[PDB]
J.: 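For discussion: a PDB structure holding famotidine.
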Amino acid sequence: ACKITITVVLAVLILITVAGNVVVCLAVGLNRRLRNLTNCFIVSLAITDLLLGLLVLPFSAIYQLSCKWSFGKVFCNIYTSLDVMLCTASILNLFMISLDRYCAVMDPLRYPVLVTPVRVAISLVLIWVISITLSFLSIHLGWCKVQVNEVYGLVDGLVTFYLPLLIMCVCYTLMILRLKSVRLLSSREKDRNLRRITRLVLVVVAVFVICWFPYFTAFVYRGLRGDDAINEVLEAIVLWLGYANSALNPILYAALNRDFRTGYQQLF
Amino acid sequence: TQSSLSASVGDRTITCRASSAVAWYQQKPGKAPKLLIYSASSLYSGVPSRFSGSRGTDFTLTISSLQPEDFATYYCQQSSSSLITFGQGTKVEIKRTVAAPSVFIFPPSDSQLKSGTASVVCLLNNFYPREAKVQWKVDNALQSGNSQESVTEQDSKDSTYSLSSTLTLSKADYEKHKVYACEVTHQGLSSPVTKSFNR
Amino acid sequence: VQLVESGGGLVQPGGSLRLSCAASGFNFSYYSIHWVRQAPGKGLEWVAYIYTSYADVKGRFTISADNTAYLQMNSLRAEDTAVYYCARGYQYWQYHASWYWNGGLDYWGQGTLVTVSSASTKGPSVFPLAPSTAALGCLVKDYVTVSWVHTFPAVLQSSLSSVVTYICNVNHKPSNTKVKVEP
Amino acid sequence: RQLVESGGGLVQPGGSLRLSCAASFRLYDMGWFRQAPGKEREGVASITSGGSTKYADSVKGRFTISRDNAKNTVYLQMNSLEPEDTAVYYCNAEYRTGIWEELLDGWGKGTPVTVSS
Ligand SMILES: NC(N)=NC1=[SH]CC(CSCC/C(N)=N/S(N)(=O)=O)=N1
């Protein structure tokens, strides 16, 4: 009885993640209006949540329901490395979009000159190269479950999640303070566009942080107080709560921004 | 509530007894009323200074010096809770010495009788002022409800009026009676003046 | 600032007619438009403004605005015949209006004649007023332009007379009717 | 939100009237205009949140504008009132409903002033 319900829930989650990410990709690519330099990061995030669903999620589902691993160590290392790489390739795209918004808001009239398209291409290429190199030089070279230890496990929690979070919080606090202080930003329509896009980015970032904070807190604690310190139910509830964010993001994109809603309505 | 004022050029006051402040308008014969005073005391832009408005509760319009142009009807306009209402309006006019009407009685033409309608016309010519009374006596009996009066505007050269009063009678009724006359009473006339013809 | 009126024409008892006002040169939002009626040979009378009110014409009349204000009249009667005027005022005149304040209607148009008569063209009859200075004249009845001197204002029966103290030529333009006075 | 205007009354020539406008996310500007019966709307004064002020040529040297930030109340003090100053003085406020919202404008109902007595 319970197994049927959980399998249906997992199938629904995978379905929503795949369908939503393909919808975002199709809408952004097809419609000319929605092709802008800020949406390059959003499409990258869409690909980075498309792959997690297409590949990582089905195996995690099988493993969770069956409760046994059978594919073998050779595949298992690929699956954990891939899983690790996609997380590193999502916490860097969020950083770049937040840098875009800080650059636009804090220094208006210089946004076109500073954020050149070549720079955006360099940023995406660098982000993927660093993600893949780190994932396979911390998977192939050492240091199915992620294996916490003395320095590898503790260091990753502090450097990957907690460090970008505080820079992003400082950037957003300053951006909100300037936004409140100033009266007119850049034409009235331009001001409203900047404010609405800033709201979109701030809500996507806050949703990501709220979804992934419990898992990383557990990850730090398991290093601090032992691998088996926490229960299994607490260990596996957080993972799925973290994974739900990929499905959740397309709904946020459509609801917050009118252009996404229009493009989706045209598409289907 | 405010009827006729006679004044010569260069003579100085209208009154529109009511507390919303009144506005005064001016209109010449067959044209568009203009604004003169607003808020009971404020002169409209571009208006001669002669007009002034004074507010007790009985509002008064006043003209300091009359001009040939300044000869028209004047209107007061008082607001209320949610609907405004214009005054009955008074009408200045040119003073001129008294004159006496010249009475002419016209027998119905043969052709008009041939159609079947009889009209008796009493004409008062070059009489000042406007006020007068015309009475129709047929066979020494006063008639009512069968006559109409028309008055001309002041003449340009002599500032005098003419009045035509027309009696309409059926041709059969005209044939029945023998004596038709119109009696005119005026300020100048010492006694009623009667002109008579005989069918 | 220019105000124009249109839609005034011959009507019959119980009829309906709608009059529109043209507004030019000013921002329509900040103003109220008034309709003022002067009956022939009578004083000025106020009907309504366009926030709507009507004279106690209440019910029969409707007012609306789009830079054009429209007044709709229903169940028209004989008394309704008059010249109608369109005027401009402050938007909240009722709120502003007080013992010390009355803005007034600064700008006026030219007026439009609304004639409600259940009648059709009939031939004017011209008759010689034979001299019974001896005055003589011509009479025009049951119909106007009269040419040869005093011409009296036309009267409305249940007619105008021209007297000279000689050929009288009477021309009625609508009917194209064209018509010597001696002892 | 409602802009309440007051201080309108009949004033003898040479009198002084202090007007007051009360507004009930942020208020950026407040202005005063005068509209006469045969004349167009004319600016008389405007004040920013900082407190910078500009005046019309006729108004200059007689009208002063100041802003109370705490209570969101502005006032205009008219001195040396003359019959040319007869008009309905209208209040005007610029405000933002929310941090992400667009800037909007507000119009008062008008306080009528007659310089006569
Ligand atoms: N980016 C980076 N340097 N490190 C990490 S560690 C975990 C992580 C999220 S993906 C690993 C999710 C997983 N297999 N959890 S578990 N309890 O082992 O079964 N990124």
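Numbers restart at 1 for each chain; the letters A, B, ... are given by sequence-line order, proteins then strands. This entry, so its header tells us, was determined using electron microscopy, 3.0 Å. Heavy atoms only: backbone and side chains are in, while hydrogens, waters and symmetry mates are out. Ligands are counted one by one from 1 in listed order, and the atoms in each one are counted from 1 as well.
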J.: Find the chain with the greatest contact count to famotidine (ligand 1) and give its name in the PDB entry.
T.: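 With more contacts than any other chain, that's Histamine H2 receptor.
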J.: Counting heavy atoms under 4.0 Å, which other chains neighbour famotidine (ligand 1)?
T.: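 The heavy-atom check gives A.
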J.: Which transmembrane segments of chain A (numbers per UniProt, starting at the N terminus) have a heavy atom within less than 4.0 Å of famotidine (ligand 1)?
T.: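 Numbered as in UniProt, the segments qualifying with a heavy atom nearby are 3, 5, 6, 7.
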